[PDB]
> 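This structure holds avibactam (bound form). Let me ask you some things about it.
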Amino acid sequence: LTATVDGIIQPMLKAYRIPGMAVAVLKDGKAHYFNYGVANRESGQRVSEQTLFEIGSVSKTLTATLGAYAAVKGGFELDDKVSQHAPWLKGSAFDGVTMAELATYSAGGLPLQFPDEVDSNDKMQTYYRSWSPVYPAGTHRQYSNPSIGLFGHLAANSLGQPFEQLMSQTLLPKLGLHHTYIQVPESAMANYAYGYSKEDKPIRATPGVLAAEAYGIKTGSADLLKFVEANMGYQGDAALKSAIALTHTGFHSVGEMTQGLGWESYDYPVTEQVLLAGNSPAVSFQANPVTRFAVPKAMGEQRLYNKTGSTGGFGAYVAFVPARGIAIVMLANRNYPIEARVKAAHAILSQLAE
Ligand SMILES: *C(=O)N1C[C@H](NOS(=O)(=O)O)CC[C@H]1C(N)=O
């Protein structure tokens, strides 16, 4: 292995007091697992590649794959208006938003989170029915859980299924992810890590509206690397392969970052400075005018695809370059700085590419 994983990861774990981390890398078709520290600080139970971590917003890549799958299966087309697939949105602003804009955070300024008062399905429908766009559709990117959350919800229901059903019964089994969960079952609680807050309490995920779609997957590094493997020359089912290809399609760009379904990608080679900038709050916190594509673009293999994710007590990152057959998954039970995740992953990936 050309990479020096221990030498890059261990100083970072110390610098941010990360209790445990599961790292998995792919190179030349083989998976390598590097496990550090503890899943549970009071028992001392060790992290393995089967430890379940909250992967937070990395869930959006699975949600995007599910939505692309529903589109390939005929439930909807990406250029359909959103209200074509939700009778309760007819006449609302979503008459003028496409499913693709919803999935790529460009509907027009949907916020990062639902307002605190939205705590039921009924209040969720009312929220979207009364939503006032900040920007014209397709012109501005504001990263948003309500946006891709609604995409995942409506995509699944376009096949007559709840999101959780289509994810748990179709997408995850077809991807080969048998230890990946929206809700961790009884048989697997022994493997579920605790997270540790920035204030340092043991904490686990708070359920919320459309949490499953936007940030609610629990999985280990082995299962998550298997999903990344499917994103690098998947040999198999035509519908699922077409779905994955749609997630590698670009719909707009902000600076050097191109927004796909779930995945965000960069030209490869990519500098650390560019990858840091694309994952900084200058991109993730504020609404930015996008570079527009007249038609969506199949982006290609010689690119760095990535996604960050966090919960109250967890911090995750995934990046891969399909043309190189290299990948890194980093799942931690501390929500530690995105810049540290990016710097470490860029260093390791640069070495794997040698
Ligand atoms: C994803 O984990 N989340 C969405 C947003 N952070 O975006 S990032 O993950 O791309 O950095 C807010 C925090 C978090 C969440 N659980 O809502």
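Shown for chain A, in order and in the PDB entry numbering: 8-361. Start at 1 and go down the list; that is how both ligands and their atoms are numbered. Both backbone and side-chain heavy atoms feed into the values below; hydrogens, waters and symmetry mates do not. We read in the header that X-ray crystallography, 1.5 Å was used to get this structure.
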> Out of curiosity, which chain makes more contacts with avibactam (bound form) than the others? Name from the PDB entry, please.
Beta-lactamase
> Hi! I'm trying to figure out whether this entry has a covalent bond from avibactam (bound form). Which residue and atom?
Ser64 OG
> What protein heavy atom lies closest to atom 13 (C) of avibactam (bound form)? Include the residue and the distance to one decimal.
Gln120 NE2, 4.3 Å
> Please state which option from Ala218, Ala323, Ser317 has its nearest heavy atom closest to atom 15 (C) of avibactam (bound form).
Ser317
> Show which atoms of avibactam (bound form) fall inside a sub-4.0 Å distance from at least one heavy-atom site of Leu119.
5 (C), 12 (C)
> Please classify the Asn286 to avibactam (bound form) contact at 4.0 Å (heavy-atom distances, strictly less than): side chain, backbone, both or neither.
neither
> Mark up the atoms of avibactam (bound form) that fall under 4.0 Å of a heavy atom belonging to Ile345, in ascending order.
11 (O)
> Find all atoms of avibactam (bound form) within a distance of less than 4.0 Å from any non-hydrogen atom belonging to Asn152, and give their numbers and elements.
4 (C), 17 (O)
> Quick check on contacts: which atoms of avibactam (bound form) are under 4.0 angstrom from a heavy atom of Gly63?
2 (O)
> I need the residues around avibactam (bound form) for my notes - heavy atoms within 4.0 Å, please.
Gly63, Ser64, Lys67, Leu119, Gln120, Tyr150, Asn152, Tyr222, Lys314, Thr315, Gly316, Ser317, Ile345
